[PDB]
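Section: structure with homatropine.
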Amino acid sequence: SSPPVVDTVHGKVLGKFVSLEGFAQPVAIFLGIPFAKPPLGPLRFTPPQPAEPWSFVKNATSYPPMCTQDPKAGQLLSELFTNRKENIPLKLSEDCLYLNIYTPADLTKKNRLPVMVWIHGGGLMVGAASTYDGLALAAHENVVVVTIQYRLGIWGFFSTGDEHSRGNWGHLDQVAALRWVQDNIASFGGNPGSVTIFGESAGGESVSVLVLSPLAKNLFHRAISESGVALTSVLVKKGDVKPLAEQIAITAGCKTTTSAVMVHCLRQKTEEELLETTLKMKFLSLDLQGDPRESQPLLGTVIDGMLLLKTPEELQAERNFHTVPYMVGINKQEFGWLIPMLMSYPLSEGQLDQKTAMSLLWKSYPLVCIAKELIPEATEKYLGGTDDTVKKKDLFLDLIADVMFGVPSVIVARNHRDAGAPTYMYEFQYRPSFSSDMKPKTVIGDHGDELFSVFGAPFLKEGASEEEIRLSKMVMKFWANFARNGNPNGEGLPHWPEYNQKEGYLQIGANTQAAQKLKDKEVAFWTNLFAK
Amino acid sequence: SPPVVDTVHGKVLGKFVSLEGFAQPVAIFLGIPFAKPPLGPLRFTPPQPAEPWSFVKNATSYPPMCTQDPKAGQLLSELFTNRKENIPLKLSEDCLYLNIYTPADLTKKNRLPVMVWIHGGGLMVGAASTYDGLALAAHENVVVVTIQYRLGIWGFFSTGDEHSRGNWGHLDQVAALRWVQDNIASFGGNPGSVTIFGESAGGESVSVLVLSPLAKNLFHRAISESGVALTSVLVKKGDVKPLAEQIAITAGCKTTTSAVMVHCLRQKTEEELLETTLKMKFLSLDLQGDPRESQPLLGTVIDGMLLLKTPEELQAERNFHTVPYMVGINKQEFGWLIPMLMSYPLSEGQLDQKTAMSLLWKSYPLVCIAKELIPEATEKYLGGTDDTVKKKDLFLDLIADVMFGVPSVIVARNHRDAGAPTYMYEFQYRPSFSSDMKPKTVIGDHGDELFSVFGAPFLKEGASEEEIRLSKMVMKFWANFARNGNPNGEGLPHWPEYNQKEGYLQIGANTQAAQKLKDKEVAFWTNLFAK
Amino acid sequence: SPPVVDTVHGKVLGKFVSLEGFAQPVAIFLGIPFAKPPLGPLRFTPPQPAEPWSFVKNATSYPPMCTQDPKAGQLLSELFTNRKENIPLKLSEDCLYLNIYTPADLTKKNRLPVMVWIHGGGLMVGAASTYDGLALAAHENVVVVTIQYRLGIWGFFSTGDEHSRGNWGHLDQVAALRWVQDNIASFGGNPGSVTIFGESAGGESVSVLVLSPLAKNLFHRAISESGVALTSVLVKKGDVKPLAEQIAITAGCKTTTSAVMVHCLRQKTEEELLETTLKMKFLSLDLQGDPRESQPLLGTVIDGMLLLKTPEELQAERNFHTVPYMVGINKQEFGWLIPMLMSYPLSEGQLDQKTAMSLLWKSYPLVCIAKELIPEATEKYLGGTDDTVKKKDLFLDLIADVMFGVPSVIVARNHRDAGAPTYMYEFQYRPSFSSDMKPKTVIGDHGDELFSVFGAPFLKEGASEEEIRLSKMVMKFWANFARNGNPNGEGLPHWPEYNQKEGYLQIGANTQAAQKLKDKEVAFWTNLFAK
Ligand SMILES: CC(=O)N[C@H]1[C@H]([C@H](O)[C@H](O)CO)O[C@@](O)(C(=O)O)C[C@@H]1O
Ligand SMILES: CC(=O)N[C@H]1[C@H]([C@H](O)[C@H](O)CO)O[C@@](O)(C(=O)O)C[C@@H]1O
Ligand SMILES: CN1[C@@H]2CC[C@H]1C[C@H](OC(=O)[C@H](O)c1ccccc1)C2
Ligand SMILES: CN1[C@@H]2CC[C@H]1C[C@H](OC(=O)[C@H](O)c1ccccc1)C2
Ligand SMILES: CN1[C@@H]2CC[C@H]1C[C@H](OC(=O)[C@H](O)c1ccccc1)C2
Ligand SMILES: CN1[C@@H]2CC[C@H]1C[C@H](OC(=O)[C@H](O)c1ccccc1)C2
Ligand SMILES: CN1[C@@H]2CC[C@H]1C[C@H](OC(=O)[C@H](O)c1ccccc1)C2
Ligand SMILES: CN1[C@@H]2CC[C@H]1C[C@H](OC(=O)[C@H](O)c1ccccc1)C2
Ligand SMILES: *[C@@H]1O[C@H](CO)[C@@H](O)[C@H](O)[C@H]1NC(C)=O
Ligand SMILES: *[C@@H]1O[C@H](CO)[C@@H](O)[C@H](O)[C@H]1NC(C)=O
Ligand SMILES: *[C@H]1O[C@H](CO)[C@@H](O)[C@H](O)[C@H]1NC(C)=O
Ligand SMILES: [Cl-]
């Protein structure tokens, strides 16, 4: 029918209508709306700038490029995480500061539907907004869904530790996208007054970070972190970041005489060159050959003094900042298959013994950060139970998931709670039918498994059993009610308690019901073990 | 003693040149910047104000012409120039300059009428220095300004969106006019009386500016010689993304997104882009490959800043510059010059019906005649004689009418009906300065009026009495127009105003008024295209 | 606990260094940025303010020195340095830094006089890190600031127009002064009491800054050591365009226009410009061919921003804020250093009047003397007697007077006549830190006063009590001047002001007042050149 034409600050955008089985009002979908000026040339390694306005009508009907990244890794993850039946193949480009909108509202009348801005995960190295289709969630819960993109890897996080290149460019991209939503979402029938930010993994961590950043203040009113927070150490760079910067510059064929000299040279480099450098660094890949403490898993969030004035641990300790309803959750087996798979973890055996276990835990230093002097104690506290080598492996993946997501999430959850703001938690346990063929059937609640329920995968992909369909229906109700009231609860849905002193949380799965003291035992074990 | 003048951005030093018999010397200034050199980041972006210089800027040397095909550019400068010897020119992206020729007495105050010249060249080649305004300045006592603008890739690359809207060259023309309004007074010129005029692409430019709201108060009269906004070859209609992409690919750039192409194209050296230009083989009749997919030019587009609609839609709205406008054409626009420059296959010097239709199709990029209408067209023009030589000449008539004759007249009529003063002419004469390679039978070839308009007879050699007179007349007709938005004057054949009677001036050895210019042709084509 | 100071742009962290005989440690801050790195498009453009930093910048490591001949640079550093062992430096275009040495107790509120040092090196080489301000700071309780500024092509390339005015290094010097005004208070200094001083090109810089309306309020006292704005070699007169083109071609650039050259040179890499720098042989003397065509060393030009006209025209103009100015020279300015570093053909040890005139002519790029005047010049100095050996020395006194002696006095007199406190001196002493390859007969060689000024006798070893007392006295005089505009004080021989009696101080083992410095020489030359 007559295509939707929304008028924005920078110009008119033409999208398209797409109907979803069971909904009369078709959803207006806008693809590739620029929220900032392409970070090309001298704009590389600098805060994002406003997009130039355009004349006539902009055709927002093609999927935007995904920010330069490992094209193979990128696609692999996209296929593994997409909620649509046909994974969209994406093109690489530094000109990737776009966002996609899905509005279930009737643009012929004025609406103020709650807005949900999704920040994709990908270890801040890969990923894209197009991987996530917001059609189902928009129609079902009558909410405006916005998936956004931000610079990754070298382009979005290169830091020199100083003012010549603070870092966190990707994070600034995220904040810029949030301002754009403030200034334009009303045109798409959304209520700028109710913007909810939510993300998974690195996206969860980004959400966790904005919640702690003054720059993001008043840009959102509710937040959701799925399998990822600011205390998930692997994504936050503590200490002097100068060494990493130099290594990158050297690998790219640049002198390190000074900071400005390094940045100037990296700006002259072409995209293909910075990509080749990215590939040489072997990011997102477990480094077995070489000292574990020097291994650099990725380029991430730093304490730039602009976005983050100090460390997350210190930031969440304060109690004099703008608070918002925050939902933090994790999956049953955050390290059951997906992550170990992508990083090429040495587990082609199926079993593991105490001795070898202490070996991987050390090699995994860049992800867990457990001192070689604590390794023995840690590994024992987990594998000292059974003599079974197979059950040991399972407890090992438990060990890592807790350090990476479990404990960091509960702690963040607690502090937010002790800060006087509504806090909610959940533990997702369910093996989706859209899992990989290589993923063992015994893995339930793997990293990313909740994505399919959150983005209504059952209503776009085939095979979903009636059970899986309802699960997704329930999940979207919670997320959408949360977006609406800052409380997930609603009639016809299992009661979800607040994460107060009793530490109540919601176990989401075949059997969704409330529980208590999530990871209580582990938070204490690690809080002590780490305290050295 | 060297004339010096205070401009908005600093003092400039020029030179005095006297023309035969004239006591009052013409103060000439060559290579005055009117914009910041469009280099690096500034490429494919709107012209920017020039930076002021501290002391006295020496303006006594000719500026480089905008990057273009060195060969074609020189050839055209030689065929169109009106000075004795053609001057060698340098190429550069640093070409945003304008030359001034003022007959005024810079010591006292003057407000002579200003005439700004926009050279032609298909928007691909050309230069201001090609035209010496000495004769016209002295003879008609007007200040003559010749301006340059970005050409080809540099001045017209468009991604069809905000990353590279296009019409950079037209923006340069505007900036140049802007500069005249702020400085011309210092050169003895009256900024309140500015006439823009040019031929061919420069004629189309004048036409485009006459429809653009950006040039609102930048000129007061307009003259388009052999070229208007309706010469379809110069104005790209529809989506231009395809040609943008072809250019990027030819230059070794990815076409991922507009921003990607633009950025890549900016990282290219002037020389790589010129090489890309040479690769594209513009301004040449492409006899191989589908005619519908050949871009002989990179022209004007509907950018949304300079032009908000197509020139057609802009005429209808009777929404444009209601200033005195003079539109004229020459007897044989496709006489020799253009087909000669485009390597048209007419060696035999004859032409039968079939070959005519076949050639007309290949000429698609120039006339846009649907393959299904080619026969009616060829029949209407050629089915009248069995003389293969006449068919061949009638074929050049047809191309001429589609490119200039018809387009020009429709423009005049619309300009007329909008209530603004309008005038038309048809120049028919063979300048003695024509290239020796051009047959002596070609009368009123493309650009043939240039020699009268710029006083070639007074700077070059060999002009007969008849020719000398012709130039005097044309220059006066032109200068009078700049003064009153009316060409008439004492001692000049009467030029009726192009009103509903459609009176126009037939300029030549014998100059006399006539009516209904290309009237029947306009009717035929309007109908043929209505299908 | 290390020194942490807060400045407008952010917090800096230094280190304490104790000096023998002073309880309060001196806080030293190395490599604080006073401008934004002049890289990429910022090349050949005035310095821009540095960007603020978010935490505590570590300022405890020497900064790189502006790109220059690494060999000449290191050499001149070793020869001039006042510290025990010369510090090896790195080359970088990112060199706009300054070092601070404050003796003030930063936990208190001190406001001591500030002395900003501008090193020399023909504007081609040199570094701030060469001069350790420890001794001077502690001994005279003043804050010492050693600054850096762009050198060679980077700091002085000029097209003679607005596309690259030039004087970039001078604009850096001014920007360093601006920085000092906005931040020095947090280092214990009094922003209202800033004295700029330097030697050679650094002296010429001080001299230039004193005439520039750009620094009319950034300092309160000036000291030019062996070098003023009248030392022709460093200041350019006439069209500079040729030099620009010669540099552009040596770098492999087109020369179509100014913008073209500047644009192309901005695309060059630091190494490429360094390769170009070396190819030019800037500080060496050419013995072959016509001397007038010798490489005109890069230098100060009349840009129209820093200097509105030649220095000789600004001093008579009496147009420049009046501040106390101290101009001084050394006994044998062309004694050994400058010649040795320029590879002068004097290995002979003797010189007749024939080779002298030949050599003098060959010295045109330095002394700038007409060929028809060479005989007089020679005859006047060497004609005295025979003894070719005694003549080479009279030849050296010749060069010295033309480069520093005459210019200095002239400048002093003009300053004095401008009704401003003026002081002159002649340094005649041979530091024990002299090079081993320096003749024992050379006393008061170029750069010899630096060792007393920067208290070398308290950093290097072996200073005799006489040399120590000389250093104590010079520092006393300098600091006294920095805080009163008058060098005199308790425990010091009287230094008369340079009034009409032209009284100046003779500093050395024996320090006493004298009169009419180079008076006869200034007469001979002012005259000889008049012809
Ligand atoms: C008319 C048109 O194709 N618009 C498209 C633009 C252009 O492709 C870019 O601006 C490059 O020109 O942006 C998208 O491709 C994108 O980035 O997702 C989507 C949109 O459909
Ligand atoms: C002093 C001087 O030569 N000015 C001239 C400049 C320079 O030649 C270029 O900018 C290269 O510096 O530009 C012109 O040549 C030009 O292109 O029209 C004309 C002008 O008279
Ligand atoms: C917080 N993240 C966790 C551990 C560190 C970081 C990267 C990893 O990434 C993912 O799960 C992504 O989904 C991904 C990235 C790259 C390739 C494949 C998959 C998961
Ligand atoms: C084909 N697989 C081999 C043997 C059976 C099956 C599961 C096992 O994987 C794991 O325990 C981890 O889940 C893992 C580690 C590394 C890569 C992929 C998956 C490794
Ligand atoms: C409006 N223009 C007419 C027809 C289309 C366009 C190009 C052509 O150009 C010329 O006559 C130029 O004068 C030229 C260009 C290239 C080479 C030689 C001469 C004449
Ligand atoms: C016998 N002819 C002469 C020499 C070869 C052949 C074609 C040429 O004509 C052209 O190049 C022009 O295309 C032209 C000019 C004038 C009339 C007709 C055609 C003129
Ligand atoms: C007024 N100066 C004199 C003559 C021109 C100018 C530079 C020269 O050199 C020096 O002062 C340095 O001592 C130096 C720098 C670079 C190379 C060699 C020597 C001495
Ligand atoms: C390589 N040089 C040769 C032999 C050793 C050294 C000094 C000498 O120098 C001269 O004759 C100079 O003319 C001079 C230099 C320093 C002071 C006075 C005179 C000539
Ligand atoms: C927008 O782009 C799509 C796909 O590129 C195309 O099919 C559609 O026609 C365009 N919209 C219009 C009508 O301009
Ligand atoms: C400052 O830099 C110096 C030398 O680079 C280094 O030794 C010192 O540890 C640094 N100080 C701090 C604490 O950053
Ligand atoms: C133009 O005049 C300037 C200043 O007199 C001079 O430098 C330059 O050489 C002159 N150019 C010509 C055309 O001779
Ligand atoms: Cl992630």
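A, B, C, ... go to the sequence lines in the order they are written. What you see of chain A is 1021-1361, 1363-1553, where the numbers are those given in the PDB entry. Numbering, chain B: per the PDB entry, residues 2022-2361, 2363-2553 in sequence. In chain C, numbers come from the PDB entry; the residues present are 3022-3361, 3363-3553, in order. Atoms considered below: every heavy atom in the structure, side chains included; atoms not considered: hydrogens, waters and symmetry mates. Counting convention: from 1, in listed order, for ligands and their atoms alike. Method reported for this entry: X-ray crystallography, 2.8 Å.
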Location of homatropine, all copies: ligands 3, 4, 5, 6, 7 and 8
Chain with most contacts to homatropine (ligand 8) (name per the PDB entry): liver Carboxylesterase I
Heavy-atom contacts under 4.0 Å with homatropine (ligand 8), by chain: C
